[PDB]
Visitor: 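Context: structure of verapamil in complex with Multidrug resistance-associated protein 1.
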Amino acid sequence: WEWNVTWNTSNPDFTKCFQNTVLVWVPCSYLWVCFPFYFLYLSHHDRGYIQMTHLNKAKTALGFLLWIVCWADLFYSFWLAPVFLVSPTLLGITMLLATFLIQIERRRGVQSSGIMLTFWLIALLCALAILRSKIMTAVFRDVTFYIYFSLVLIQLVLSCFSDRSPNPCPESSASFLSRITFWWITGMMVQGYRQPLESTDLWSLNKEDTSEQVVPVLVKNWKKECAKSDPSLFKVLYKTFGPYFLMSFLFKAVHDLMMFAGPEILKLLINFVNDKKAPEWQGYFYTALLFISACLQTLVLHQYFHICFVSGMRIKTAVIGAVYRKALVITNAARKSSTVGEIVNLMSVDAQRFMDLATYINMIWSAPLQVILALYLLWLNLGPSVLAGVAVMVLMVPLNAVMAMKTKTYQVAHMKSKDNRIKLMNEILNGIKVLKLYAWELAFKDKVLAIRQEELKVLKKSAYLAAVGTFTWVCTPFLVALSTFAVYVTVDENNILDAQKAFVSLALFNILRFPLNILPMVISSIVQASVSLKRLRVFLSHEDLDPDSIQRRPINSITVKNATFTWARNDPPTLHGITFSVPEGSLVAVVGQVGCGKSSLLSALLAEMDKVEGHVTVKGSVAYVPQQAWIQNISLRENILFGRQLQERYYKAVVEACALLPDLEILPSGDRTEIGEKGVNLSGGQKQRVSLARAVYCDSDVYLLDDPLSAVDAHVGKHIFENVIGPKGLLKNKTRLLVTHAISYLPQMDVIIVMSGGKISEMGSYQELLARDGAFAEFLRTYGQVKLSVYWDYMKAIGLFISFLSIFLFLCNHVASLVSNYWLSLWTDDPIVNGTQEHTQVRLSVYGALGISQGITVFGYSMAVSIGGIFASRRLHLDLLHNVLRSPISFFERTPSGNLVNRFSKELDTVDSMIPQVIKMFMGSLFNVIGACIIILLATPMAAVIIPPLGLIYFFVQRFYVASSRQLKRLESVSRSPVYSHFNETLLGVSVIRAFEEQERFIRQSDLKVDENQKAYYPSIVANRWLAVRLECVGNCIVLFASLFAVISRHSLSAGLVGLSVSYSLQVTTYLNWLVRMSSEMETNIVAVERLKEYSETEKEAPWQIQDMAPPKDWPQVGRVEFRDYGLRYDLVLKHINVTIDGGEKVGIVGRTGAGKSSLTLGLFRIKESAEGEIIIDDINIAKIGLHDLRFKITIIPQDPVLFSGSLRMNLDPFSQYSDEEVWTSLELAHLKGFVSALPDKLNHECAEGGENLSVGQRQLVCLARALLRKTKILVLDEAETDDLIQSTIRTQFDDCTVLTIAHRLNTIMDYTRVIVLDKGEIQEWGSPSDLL
Ligand SMILES: COc1ccc(CCN(C)CCC[C@@](C#N)(c2ccc(OC)c(OC)c2)C(C)C)cc1OC
Ligand SMILES: N[C@@H](CCC(=O)N[C@@H](CS)C(=O)NCC(=O)O)C(=O)O
């Protein structure tokens, strides 16, 4: 080895000894160090054995022949040089290890082989080097090498094909090349462009990713760790997911080391360029090396991502699964400790935090390592001056720190300021009819605007924080570079800033940019994950229930002796010393007062109570009808079935026996209707009916009916007891325990267990208990792509001047950056007078001025983008609110309130917060790519020949990502929420799930939900890997071509130009894929603006204020109403209505269900436009008057008064127009003075959502107080305990005003003269009640 023939000549030939020693030791050596390690994977991971195929044999036979050929050399050598003995034998032995390895890989089920691929690639390269040397030298031993090389090449080609297997995910059967390049998703991508992606096209999860495989291992590990007893969830997580984290650590270390090869090869290239008389091949070598290294880096890095992402995926699944399982075992006290919302948060935000932390968790050690290595390299280049740059990095430690903290604070406040608003919006939509009737649209618009501006103040304050953060991501490279260069050129004048010591350092600064700024974000995520992990450990350490506590003996039916139960370990017993024996097929009624311990008995028989002592021996399956009915959001049929085979005869015998036939009839789809909170709401009695029907269908032997007939009416209850619970019903032979407080069915009960204060008190049969005359007698005596129009709409909303100013400013940003780097290039070309440069001070001052301009410009650009973001959020929210409030009630009843809450919450969150960040990051990446291309073209114009093809590839890749990822990011969004919804419903009915022993069914359903979510999410991140590989293969191609065209034109190119072009090419690699990632996020985000602007063109109400034909101040002079041929369209509910209600004449409206009674009120307030009618009050037409005017001059007391959150005064007078004396007088006149004076807050009593704290009677009287305070001559009443009071009050002082009354009760209407009867919209009778009879 000497430089004359290897380095300093125009023919870069390796020496003969080097060829025969190191080039052969490299590949053989690779297999020798990997072989042992590879048994670990081959053994721990198995998939069966592959069959006997031609490919596998072809590879094995060539391995045998290759070994022979290599040993044939030893034979000829045996037939002087020491290397002619050891090298052939070593090659033969490693070759014998290669063929044995494909053999064992066949045995262990490895279709492709990465180890048997990289090894052949390394051998091929070594053979290629020797080959070129041997063909340049020119029979005896050469022909053996040609045979060796041809066999190695054919072996390498064979090793690429994937063997036979021993919508499945293609990753399982993908080859090594397809796995590293992520080609197995490519087809999906093109599919995602050709046709829309549904959940049916998503591949089945890998077996190792399915919930039923990951959750168990975590469950067993956690049980083992908690059995060893303080529990540590971190150790459990480590023990479960260690291999993935270690693999990610290895890949991140490799990437860390390989990303700094770029600057070293750039330094070598700059030395090559500035030094002429150097062999040209050295140049083309360096570029090639750089490209190769870069390629390797990206591959490694993306593998490092995949594992991490996969790991996070698995972790999320495990956590969710574990939580679900823990939800089914925890005692009642433990669930009372943490609210249902907090457990759902454990499922959602903690798991999401873990999965999104796993992406950058490894930077907690990579970033310090990257920083230390980069500082070492800079110290090699610059010297001690690098310390100054370190100072800037140190100066970036606190700022980022406080920045992070401040952001969190703002975010938290933002969250709060949003939640209230959403709650208020939830009150506006649920109660919009009342607001329209009372014309309170403007008041609640003002309230929502106030809360929104409170949120916008926090958003504006966080705009500055985000601008500071953007600055620390754009000027961190220059902030370090300017300091280091200034110190370097100032401390000693002999320090020359050549291209090697400037642009290599600049590339190092660009590298240092990421780790420095991501370390604070990683720390913040680690703290936010520490709190979530503490919550997860708190939940998973909660006490477990003992099914053993209750003896569940398969088929004296229920046995309890001396059993005392508790609701908590330290709380006193609720059931003291209970004993009773319920025989098989007997009806037992629990009897007591409120708080006696009746429901506690049924809870204790289900192992829900904490048994401090006793013995319970419930025999056979138990069907529980809880007091609070638990309804699944599935259809009513599946609610009754409860995951059981449908039997048409048994189902149709159960449904009517519960008297569910009328309920089925009223419901739209029958029994297929979607009952539950999300679907159609059901009355309490109907919910009890569904619960009882589910229990009866379940066909258990023991039934625990905790007050099944509380909410059903007396006739319905008696019918139910006759056909279901009674001795002649459906459950005649079933052991039925019924908790009741109704005597009507007591004599039919076989055994009555009457108790008092949680103690058995003389149980017995009804007649015997009555004869005894004791406790029971006492008890009885008790009583496509988004269009550019939406982008332009956001541009208009963001502020046209703001948008164009931001574009111009950030153009100045990138122009300043490019000019600063070109100025540095000119500075590096400066001649050196003696040991000093010509003009260093001037160039340094210009560099600093350009950089300070760039810093203030990025500050201003981020500031302006965020300011425009808050501007657009304000305008879009205001327009959405105005459109929603001005829209008719028909729109509200048509569109589900879920979509309106979606608009007001998630679209607003996307528009106001993350759209501006997406815009900033996308613009930055796009112009970084543009500037890199501009610099490459300026340095090497010929490189334009690479612009089309690569660009074409980019375009193609972009398309195949943008069309596909969105579809995968939509299917994720629709699949994540069901997982928590299911959990929430499970959390609500844990007792029902336990009682019916259907825990495994719900566990499997949760597994399926999480599996669907992961089937949506895994392609989402694999698509990111695929796009990143594709585009960092283009940016690597950009690096190679810029480097190659700089080497080709090295004579006309200065070293500074080469360094500048190569550094910008290095950074465009990272910037290019993020450009497309951001573009996809922008496309997904602008659909939010589209959704916000949807109701802007829908049909709106008539104008609230006309102001051309406004009525006088006293519009209802006497209150003379005249329906002149009124016809309401919603074929005609109201038709042929010609009636006249005189001023101050009491008139009521009577009719059956389906008549136009209520619709008539909607005619008065113009809720629905008159299809044909001329309602005129006094001498003024209603249709001509603006809505607000008439809605203010007419008052309505609806069926259910809607009390809004806030003070009572804001309920009575939202506008605060009426004085306090008027409010007090109206409240006194509403029989409410005594109560309203009782609240400590006086008139400012904070009533909750819907007035839950207030009683129904009080809310009704508050609505009456509203009507009385309005002091209008026309009043409408909608009648359904306090009836005597409200009727008297409406008959007390409103005799002066004209009152219409729609009452379902004839008793009240009889008092009112001039009754109007509506049969089917027609006026059946028009006259006084005296003429009625
Ligand atoms: C590409 O230019 C920019 C990059 C980042 C920023 C700051 C935006 N901040 C929210 C920080 C983003 C941080 C981050 C993300 N997401 C990021 C995005 C894009 C990046 O450049 C390709 C990046 O590397 C510098 C980091 C990390 C966490 C992956 C502004 C930029 O320009 C205005
Ligand atoms: N050179 C950086 C690259 C890290 C990187 O790619 N950053 C962002 C994108 S520029 C990322 O992690 N991407 C996550 C994703 O795939 O969504 C390093 O030090 O790892």
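Sequential numbering from 1 along the given sequence is applied to the chain's residues. Whatever order the structure lists ligands and atoms in, that order sets their numbers, starting from 1. Just so you know, these numbers use all the heavy atoms, side chains as well, and skip hydrogens, waters and symmetry mates.
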Visitor: Hmm, which bits of this model belong to verapamil?
Guide: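 That would be ligand 1.
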Visitor: Using a non-hydrogen cut-off of 4.0 Å, what is the binding site of verapamil?
Guide: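 Within 4.0 Å on heavy atoms: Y360, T470, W473, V474, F514, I518, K920, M921, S925, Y1071, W1074.
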Visitor: Mind telling me which other ligands or ions are less than 4.0 Å from verapamil?
Guide: ligand 2 (glutathione)
Visitor: Which transmembrane segments of chain A, as ordered by UniProt starting at the N terminus, contain a heavy atom less than 4.0 Å away from verapamil?
Guide: 10, 11, 14, 17
Visitor: Okay, next thing: UniProt's ATP-binding residues in chain A - which of them have a heavy atom under 4.0 Å from verapamil?
Guide: none
Visitor: Any covalent bond between verapamil and a chain residue here, and if so, at which atom?
Guide: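 The deposited model shows no covalent tie.
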